[PDB]
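Next structure: contains MEDI8852.
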Amino acid sequence: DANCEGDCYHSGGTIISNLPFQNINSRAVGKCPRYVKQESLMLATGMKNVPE
Amino acid sequence: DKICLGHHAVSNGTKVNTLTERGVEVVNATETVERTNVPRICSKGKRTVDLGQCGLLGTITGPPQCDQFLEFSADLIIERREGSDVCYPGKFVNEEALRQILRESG
Amino acid sequence: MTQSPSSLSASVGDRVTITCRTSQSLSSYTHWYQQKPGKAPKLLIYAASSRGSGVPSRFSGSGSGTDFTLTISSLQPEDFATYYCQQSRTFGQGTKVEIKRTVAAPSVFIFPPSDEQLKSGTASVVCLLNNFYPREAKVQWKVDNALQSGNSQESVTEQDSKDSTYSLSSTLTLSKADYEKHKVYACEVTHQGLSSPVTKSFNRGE
Amino acid sequence: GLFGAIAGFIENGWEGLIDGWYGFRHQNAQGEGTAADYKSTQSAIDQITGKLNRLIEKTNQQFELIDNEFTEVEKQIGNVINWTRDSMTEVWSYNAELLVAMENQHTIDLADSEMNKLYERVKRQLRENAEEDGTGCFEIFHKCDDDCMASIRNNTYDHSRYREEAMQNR
Amino acid sequence: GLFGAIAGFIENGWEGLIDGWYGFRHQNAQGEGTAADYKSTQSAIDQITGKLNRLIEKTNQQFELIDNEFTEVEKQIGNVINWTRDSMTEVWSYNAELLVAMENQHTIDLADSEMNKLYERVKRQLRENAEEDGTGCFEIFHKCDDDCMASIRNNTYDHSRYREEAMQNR
Amino acid sequence: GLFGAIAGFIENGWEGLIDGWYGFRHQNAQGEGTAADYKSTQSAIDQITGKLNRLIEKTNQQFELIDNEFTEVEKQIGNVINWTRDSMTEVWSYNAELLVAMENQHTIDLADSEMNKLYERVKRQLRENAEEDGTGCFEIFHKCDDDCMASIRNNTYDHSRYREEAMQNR
Amino acid sequence: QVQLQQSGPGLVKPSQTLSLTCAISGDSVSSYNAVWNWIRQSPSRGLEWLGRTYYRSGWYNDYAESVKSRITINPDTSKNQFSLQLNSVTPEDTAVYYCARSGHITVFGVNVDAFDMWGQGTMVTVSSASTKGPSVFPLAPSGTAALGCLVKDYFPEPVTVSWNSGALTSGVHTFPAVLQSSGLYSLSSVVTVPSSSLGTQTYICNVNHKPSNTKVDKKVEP
Ligand SMILES: *[C@@H]1O[C@H](CO)[C@@H](O[C@@H]2O[C@H](CO)[C@@H](O[C@@H]3O[C@H](CO)[C@@H](O)[C@H](O[C@H]4O[C@H](CO)[C@@H](O)[C@H](O)[C@@H]4O)[C@@H]3O)[C@H](O)[C@H]2NC(C)=O)[C@H](O)[C@H]1NC(C)=O
Ligand SMILES: *[C@@H]1O[C@H](CO)[C@@H](O[C@@H]2O[C@H](CO)[C@@H](O)[C@H](O)[C@H]2NC(C)=O)[C@H](O)[C@H]1NC(C)=O
Ligand SMILES: *[C@@H]1O[C@H](CO)[C@@H](O[C@@H]2O[C@H](CO)[C@@H](O)[C@H](O)[C@H]2NC(C)=O)[C@H](O)[C@H]1NC(C)=O
Ligand SMILES: *[C@@H]1O[C@H](CO)[C@@H](O[C@@H]2O[C@H](CO)[C@@H](O)[C@H](O)[C@H]2NC(C)=O)[C@H](O)[C@H]1NC(C)=O
Ligand SMILES: *[C@@H]1O[C@H](CO)[C@@H](O)[C@H](O)[C@H]1NC(C)=O
Ligand SMILES: *[C@@H]1O[C@H](CO)[C@@H](O)[C@H](O)[C@H]1NC(C)=O
Ligand SMILES: *[C@@H]1O[C@H](CO)[C@@H](O)[C@H](O)[C@H]1NC(C)=O
């Protein structure tokens, strides 16, 4: 596909992302996020939620 | 007469983990692990060669399926499972070393 | 919120920078809007450095303490607009961006009053100056070769979003009796695009 | 929170406070009103934004294929490759987990800190003119109109102006 | 501790306090008595327990043998294996050291935080009825019997009940 | 700073304070004077020194050459070596960045903590004899000569000695 | 594709009540991720926020100090709209009124009052002057030809003009209105066309003055 641009490739396609990690393919090549086992690692961007 | 300090909260927060607790609900959270794949080779801005039926090592010897790849130029080279290096049967000694060289060749 | 400059002209392709000076500095809370004539403001930059949805890459924002800047890297004819910054609920006074483009002389047309309007007891004569640049122009009315004064109004369009020209209308208003008392109606136009003034005219009842 | 303000002595958050992270809610003859504090809100926002700038970035190192998905490499070298890759997967999964846990702890404590700082800043402002309630409220002894409340928020409040009336009211 | 309560203004710990982490020690006409505070104690316990739940766990990744202890592999590949393993040993030893150091710093500061939070909670309770000693003690001006001391611990204490007597005692 | 003293309610640092990290600056009938506090200064120094003792050290692991700069090894094994080395370079570069960022956050917050601790220690000392200014200053109501100021710094200050004069001055 | 559609009279008598409505489509008036605002604009005062309403497990309203004593903004969850009500109007309330969504766009969940979508605007005039209809006269063409329509003596603004029911847009210029000494407005709309098309193509200007409920078509011929 010459309509999208990406630098991380694997057999199933292209990982387009600015995230530090990925859980798509441990054998991805090019310039990639580092593969991790976990499906999700949520980073807090706000305070503790204390609802009424 | 009195004045009171506070902070905002939301009915539907987002759960995260800390060093000290699992599933702490916070106002905001942003995912750090990418799960979304694009099911295409995104090749904008790169000279791309999709070898298809031609095996990478066939570009050097030239079985009929590689006739259009005998002098290719590329930033990105794509091998496919159906690619074959040969017509008359056989194989290269040190085949993967040679593949690694040709993959980086341009 | 205080903007500088209040207005500016620039040629197509120019780098344009507009500034907002704020009472108090908060990057997150300062946003920019573009408003074209007769339309609502559209949000271009939000949080100071973030581009609005649908906003082309030539627009960018920067912030530093209490000073915030909007930049158009290469100006385009369609960017003719008034720009307002905003912090919390207060909007800067706005910066009018006008385009400087090559000189173009007006095409001039004169329209006599309709036979219908005349029956109402008034006559209106309109001189059209079409698609010219820059805005400065003089329009003078002559009735049987006598210079008119104080019986005409002008209206001018905003810059055209495609060719960056202006158009102008001048309307001379007379009573039917005054209109019928004279023969030659002439509109004389001075614009720096013309080698000398152009005059369009008609003769009454012709 | 480490400081004990958010989810601490401040009982709970305000869903109505949509314009800010931290804010003021007052009670006086003129009624009730709520207003966000942007200086504290911006400090928290700037710091979270800083973390994201750090974490969302380039690992410029580019890695080539060293094995083959279609025609498998020799089994000895293949096993070494897989062992090494799986070891790296283990390291990075551990690193990512610990990074996010550490950052989240700090992010929560950071927000709690900013809330505390705002509270203490106000307490110092109206020294001897009011007393700590314990719910994050300051009971003010003198009459404090909306202009007086807005002076507290603004940080211009002058305690000496109302000290005789407030002190004598104890 | 970061807050400066434990090993700070509180001179030292109580060996007699065997039932809790944090507690109260009083002096009044009726004598002396010591009691642990479970809410603060439980908060600290729950948080340490959380760390242990995180650190004592499965690395599900299973690793096979890639060399041989009885019949040594080729020397080139063997050296690559050993270099890679020793590199991993170096990474993990570093990771473990830093993890434990970081967690220990936080654990100590966390305990110090909970102590401070309890102190400040009490200070707010008896506002204008007592004064900070500086040893982690509150000198109470009015007469405070065991039921009055137990009301402070319980958190039901009503300062307005004893404010006229206590305030006038200054 | 997390506590909000350094680059917080304390407006700015003193370039003249060359002998210490933290110190006192007074105003009284006798004039003005500045003096460093070594106990707080030493605590901060000892803690930073501890970090450096940890970070400046031996990795006893010794690594041999596994490739060759003059006569290149086989290309397959060479690529495995390079991939593994580059993976390690990536891990260590990440580790170093995060270590320094984490330690720097803590170092800044630590210094801010020590400043706060010193301020609160003084506040407790002269309870009901002075009031918090809000700039990190204590307005003292009674007359306090250089021997009186030096008693505050020294930590011997006796508030009961000057309490009648100071309290009555409100 | 959120769309804010504005309605309400553009003429209010002094001392009486201005009433406007914004009807939302593509989003919910009671959405957690929206704030519904009114803002006005005048050549004098510039852009001025007036107030808002929003739902966060209960309805909230905030208003600008300048209009707080006169203003009400209420949601209607049956018609997915919200209104503006301004009591005791004076000539200083003459302005274009816009509805606008904010707080859809946020920095870490904090409404930063970014107004991401706006209504089309309602021009409101405070006057005791009765509305008047606009007379429409042809500006007749006498290889490019210009023709037009003179739209004369109406009150208040605005008038809209199209050509051939909107089928002709290229080369059209509709001039801003001028206030005449009579206190009534006037404008012209003009178009340039190939002079050859005069003998075959019909040219009709369509004039709409909503305040007087006037819709008039005028054929313009040589
Ligand atoms: C924590 O803060 C973050 C911001 O850091 C915040 O995330 C934001 O979420 C919204 C979605 O709710 C994102 O907005 C999108 O923007 C894209 C263009 O960039 C639009 O195309 C999207 O439109 C969709 O929805 C529209 C109707 O609402 C449709 O018309 C359209 O067809 C699309 O379906 C959408 O507006 C925004 O990009 C993020 N911000 C960032 C920086 O990514 C998050 O919500 C906060 N968390 C919580 C729980 O509030
Ligand atoms: C190295 O690991 C890969 C997978 O990461 C192994 O290859 C897979 O083997 C499974 C079943 O054993 C097959 O169904 C897949 O097609 C293979 N996946 C890929 C991506 O190739 C490989 O066997 C391992 N190497 C060795 C020497 O055992
Ligand atoms: C790889 O490392 C192992 C040890 O971890 C080396 O094997 C040991 O060698 C010592 C003396 O050199 C022997 O006494 C031990 O019996 C060995 N231990 C084991 C566990 O095998 C081995 O020599 C190293 N590989 C290479 C190629 O040098
Ligand atoms: C492994 O990496 C080394 C460099 O780290 C590669 O060797 C270099 O190659 C460049 C150009 O490709 C030469 O100019 C240098 O002289 C080499 N440097 C050193 C230190 O040897 C080597 O090619 C890589 N291995 C493989 C198999 O490609
Ligand atoms: C702070 O707010 C008040 C409102 O009571 C205002 O009068 C005052 O001018 C503000 N302070 C400054 C420095 O503008
Ligand atoms: C707290 O303890 C006291 C003992 O003095 C007891 O009488 C009181 O009922 C307790 N509070 C509650 C809410 O039970
Ligand atoms: C503390 O300093 C004062 C100076 O005013 C001195 O007289 C006093 O002896 C010192 N305290 C001690 C315990 O030495």
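So you know, we letter chains A, B, ... as the sequences are listed, proteins then strands, and number each from 1. What you see here is only part of the deposit, and the contact count is restricted to that part. The figures that follow rest on heavy atoms only: side chains count, while hydrogens, waters and symmetry mates do not.
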Positions of MEDI8852 in the model: chains C and G
Main binding partner of MEDI8852, per the PDB entry: Hemagglutinin
Chains in contact with MEDI8852 (heavy atoms under 4.5 Å): A, B, D
Chain A - name in entry: Hemagglutinin
PDB source organism - chain D: Influenza A virus (A/turkey/Italy/214845/2002(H7N3))
Max heavy-atom pairs under 4.5 Å with chain D among chains of MEDI8852: chain G
